[PDB]
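Drug bound: rilpivirine. Macromolecule: Reverse transcriptase/ribonuclease H.
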Amino acid sequence: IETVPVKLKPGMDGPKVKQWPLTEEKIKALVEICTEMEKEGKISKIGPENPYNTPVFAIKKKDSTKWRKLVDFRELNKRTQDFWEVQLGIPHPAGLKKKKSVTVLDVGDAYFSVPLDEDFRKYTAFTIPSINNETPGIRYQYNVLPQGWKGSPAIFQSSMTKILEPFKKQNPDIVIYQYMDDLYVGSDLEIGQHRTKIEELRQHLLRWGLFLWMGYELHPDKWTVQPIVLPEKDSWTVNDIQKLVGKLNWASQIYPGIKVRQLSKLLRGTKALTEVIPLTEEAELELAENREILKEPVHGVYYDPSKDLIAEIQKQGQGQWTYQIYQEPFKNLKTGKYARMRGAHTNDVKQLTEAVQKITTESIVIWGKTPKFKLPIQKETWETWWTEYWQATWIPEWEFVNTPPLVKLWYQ
Amino acid sequence: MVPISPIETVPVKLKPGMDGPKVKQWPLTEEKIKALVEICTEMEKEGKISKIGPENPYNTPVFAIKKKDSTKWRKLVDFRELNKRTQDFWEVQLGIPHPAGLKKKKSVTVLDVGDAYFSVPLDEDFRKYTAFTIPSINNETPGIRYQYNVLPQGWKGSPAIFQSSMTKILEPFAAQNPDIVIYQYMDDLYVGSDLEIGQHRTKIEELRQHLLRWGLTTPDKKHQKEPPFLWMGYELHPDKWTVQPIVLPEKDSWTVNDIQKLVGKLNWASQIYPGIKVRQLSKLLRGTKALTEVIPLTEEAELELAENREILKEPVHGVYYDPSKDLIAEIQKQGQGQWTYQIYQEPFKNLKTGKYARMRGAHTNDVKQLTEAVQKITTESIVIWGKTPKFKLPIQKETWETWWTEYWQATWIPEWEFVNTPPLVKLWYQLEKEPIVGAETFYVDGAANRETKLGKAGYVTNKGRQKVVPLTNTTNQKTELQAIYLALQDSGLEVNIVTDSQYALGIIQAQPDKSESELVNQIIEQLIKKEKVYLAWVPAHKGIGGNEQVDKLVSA
Ligand SMILES: Cc1cc(/C=C/C#N)cc(C)c1Nc1ccnc(Nc2ccc(C#N)cc2)n1
Ligand SMILES: Cn1ncc(C(=O)O)c1-c1ccccc1
Ligand SMILES: [Mg+2]
């Protein structure tokens with residue numbers, strides 16, 4: 001109550017981001033949601049003297065049949081001041097990624113209890129469009145802390161702390177971490193015990209002043225990585241050896257002492273691709289020395305919180321996807337592979353959208369921020385479809401890869 | 001007096017750091033001054049403007065213009081400077097409705113709300129910035145100073161503020177009468193419905209009564225404007241729509257300007273006339289940008305033009321949208337990167353048509369283009385109808401399955417069915433996933449001197465077949481493709497090719513079926529003739545025999 005003053009960064013105006021086309025079902029859902037929000041005082045109609053805009057759409061979270069309003073505050077978040085006044089900063093918990101279970105709660109509804117600074121409200125303008133632009137878009141702004149806005153967890157932080165105080169004091173080994181509208185709650189308890197503690201936690205929030213009932217369950221201690229591994233074969237074709245030398249050459253950019261001199265010598269002459277070549281002893285030794293190097297961690301790898309995280313994804317076929325997260329080239333902080341399913345067996349773009357979400361979740365758990373994605377998809381295809389499969393309350397940044405990377409081969 | 005509800009003002013500001021305009025009023029002729037004094041006296045009596053004291057330091061120039069063929073004068077206040085200094089507003093007029101998204105109506109009535117426009121009040125604190133000055137006769141007295149009390153014509157905020165004010169007034173009427181539609185365009189309201197005609201006119205009278213509560217009077221006479229409406233380049237009829245007449249001029253010679261106008265008309269026409277093409281005519285606008293320059297029409301452009309004339313020989317109309325039926329979109333390939341489409345609900349009754357053109361780029365293929373066209377039509381359809389149409393596409397289901405499963409990128413097209421209408425989109429080649437037993441293995445390479453542009457390209461094979469060709473006006477990257485071409489040319493129906501060219505791999509892994517590069521085209525033609533091709537990459541300079549042998553041959 002009684003607002004925290006907020007400003008944009010110096011020398012920049014509010015967001016003027018175009019509203020993208022929405023389907024009839026999403027428009028109807030948003031009309032219904034906003035009519036209720038307006039009745040509850042959360043939002044108010046605005047006039048033409050407000051020229052700002054931020055896009056809005058609607059999603060359905062995992063295992064739910066009701067729409068959730070999702071505002072894309074990516075632009076406003078860049079333009080909003082960083083918050084160092086009330087707090088100096090909140091160091092990210094390295095222990096979160098070590099818990100046997102981490103459950104993710106939507107706590108965004110709590111934010112609606114805090115009024116938004118009157119001078120800042122205009123920058124939260126959004127529009128519910130009409131089909132075929134037949135009626136003027138419905139224009140609103142927020143009166144309270146909006147879900148999805150950078151400033152909300154920052155401004156609500158003192159309120160949240162009081163709410164969770166008796167739960168933290170009573171359960172001192174449970175790790176609680178907040179990112180945007182998400183609360184991440186990790187414990188090493190048996191799944192049933194863990195589940196009751198989550199419901200325990202929920203009741204604290206329910207006790208106070210009021211998609212909270214939902215629970216997205218993670219198990220970061222079981223998360224796996226992808227070291228570089230080489231084939232073990234009894235017979236190598238010329239082709240197999242070419243593939244091996246190529247993979248090793250690529251690996252030598254990551255690992256210093258990798259050698260291919262002896263293996264390259266094996267194919268001496270100009271042989272049929274399918275001809276079997278016996279490994280010499282020298283070549284066998286070299287291969288063995290290479291295997292041993294590849295079992296060690298990469299040298300000079302460190303996280304810098306002042307640098308962006310970058311995430312690259314490759315399509316491997318048959319619903320398999322590989323990815324790497326890094327800050328500097330060849331210095332991977334995290335690699336991985338989803339061989340999984342869900343839905344999307346006949347839908348590449350749904351699969352990719354799920355991959356982006358899971359990777360972003362991993363990123364938040366490990367470093368407490370989202371990575372910038374390099375997506376293997378044409379811009380127009382992605383932009384047309386991603387919102388149909390999105391189920392998270394945050395949205396990362398992305399760019400598009402138009403040239404096929406040769407390195408897909410080596411993460412396979 | 002019958003009390004009327006005031007229209008709430010919209011608060012207005014200048015841009016940060018800016019002050020109001022202070023622009024000199026230049027002299028007017030004695031005749032213009034008397035005319036302006038008379039005009040402003042009437043406006044002042046109607047409350048639109050007010051005389052102000054000498055304290056106000058702002059000014060905007062005023063002019064008097066002869067309409068034409070009359071003795072009458074009109075006032076023009078030139079707000080260009082104040083507009084530069086006025087804040088931006090939310091503009092609703094962006095995104096006009098497409099006729100194809102409209103619903104058929106039995107009746108559409110027009111109501112004149114001209115009295116409303118010049119009567120919306122201006123933010124009190126902003127009025128001072130609208131000050132103007134009628135110069136005095138002979139400049140022997142102070143000029144008469146006025147400011148606006150209402151939205152001035154020509155001021156930056158007038159359209160947005162008038163639209164928002166009118167919408168707010170209409171909102172309750174629209175909400176409580178879901179059986180009509182109301183649309184505001186300039187000076188008029190348009191009201192449509194499917195009501196029994198007596199009920200329709202009742203609704204119109206009810207609207208007039210509603211508007212009266214704000215003092216907005218509408219003329220007793222029933223509007224002269226009636227269907228068809230000429231609107232934004234369209235003709236709207238009660239139950240169909242079209243573009244206004246498209247007439248292609250006859251000319252013995254054409255200039256840059258003429259062609260740009262030709263293409264504009266064709267583009268406008270293509271939203272309802274199926275099959276319109278503009279590729280060849282657009283090609284003539286390549287570079288240029290010198291307006292009066294005459295360009296000879298290529299035979300290709302002439303054919304394209306003639307094909308368009310035929311399409312435009314007689315009027316075609318679209319039907320309106322029936323929300324109770326599926327939307328269907330059908331696409332045809334036309335050639336040279338051009339695609340055309342129709343969107344309908346009942347067979348043979350298009351809501352609209354349209355076209356899509358291949359994006360610029362060195363290499364491309366039909367499947368990528370069809371995919372892009374699908375995304376474009378999908379996005380257009382969300383805008384117009386709020387939903388994706390079901391697609392009818394000239395590509396076999398098996399062809400699509402092979403494409404998307406093997407393509408290096410994620411890709412998707414929404415619900416669709418094959419339509420067997422030539423030309424069909426197909427895959428012209430697919431590379432092997434494994435090396436081919438029994439197929440000759442060609443190790444290829446090329447190299448070029450970057451100064452002289454002399455190079456060599458060639459191959460050596462496991463059967464001892466070899467070739468090196470000396471080349472002029474080439475580059476390393478080009479020699480790498482040249483070598484691959486030679487291996488394709490000289491091999492049998494199944495072939496393994498080993499290259500170290502990351503460049504060549506990047507192009508071939510993109511699966512082009514057509515290219516601006518004659519050499520890439522020739523490579524594609526060779527691939528099309530093979531039964532099996534496996535393309536293997538190796539790192540350069542690594543002692544990889546075959547590869548090193550040929551690298552040495554082609555070096556020097
Ligand atoms: C956009 C629009 C322009 C004009 C008019 C602009 C002008 N001048 C008139 C109206 C009423 C509308 N609004 C809507 C909304 C939904 N369906 C329709 N259908 C519809 C409109 C006109 C005719 C006719 N004749 C037939 C059907 N119109
Ligand atoms: C077959 N083809 N088509 C175009 C070219 C070229 O060099 O531009 C070639 C070519 C010329 C010499 C060697 C290899 C390809
Ligand atoms: Mg070479």
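Within every chain, numbering begins at 1; the chains are lettered A, B, ... in the order of the sequence lines, protein sequences first and strands thereafter. Atoms within each ligand, like the ligands themselves, are counted from 1 in listed order. Values below: all heavy atoms of this structure, side chains included; hydrogens, waters and symmetry mates excluded.
All instances of rilpivirine together account for ligand 1. Under a 4.0 Å heavy-atom cut-off, the other chains found next to rilpivirine are A, B. For atom 8 (N) of rilpivirine, the candidate residues are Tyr190(B), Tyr321(B), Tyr320(B); the nearest heavy-atom contact is made by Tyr190(B). Counting heavy atoms under 4.0 Å from rilpivirine, residue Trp241(B) does not touch it at all. Residue-ligand proximity, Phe229(B) to rilpivirine, at heavy-atom distances under 4.0 Å covers atoms 7 (C), 8 (N), 24 (C), 25 (N).
Counting atoms of rilpivirine from 1 in the listed order, those under 4.0 Å from a heavy atom of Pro227(B) are 25 (N).
In this comparison of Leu236(B), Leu102(B), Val191(B), the heavy atom closest to atom 28 (N) of rilpivirine sits on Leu102(B).
Checking the PDB entry shows the name of chain A to be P51 RT.
The protein non-hydrogen atom at the shortest distance from atom 17 (N) of rilpivirine is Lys103(B) N, 3.2 Å. Closest to atom 24 (C) of rilpivirine, if we only count protein heavy atoms, is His237(B) O, 3.2 Å. Other-chain residues and nucleotides with a heavy atom under 4.0 Å from rilpivirine are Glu134(A), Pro97(B), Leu102(B), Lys103(B), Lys105(B), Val108(B), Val181(B), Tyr183(B), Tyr190(B), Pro227(B), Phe229(B), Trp231(B), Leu236(B), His237(B), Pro238(B), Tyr320(B).
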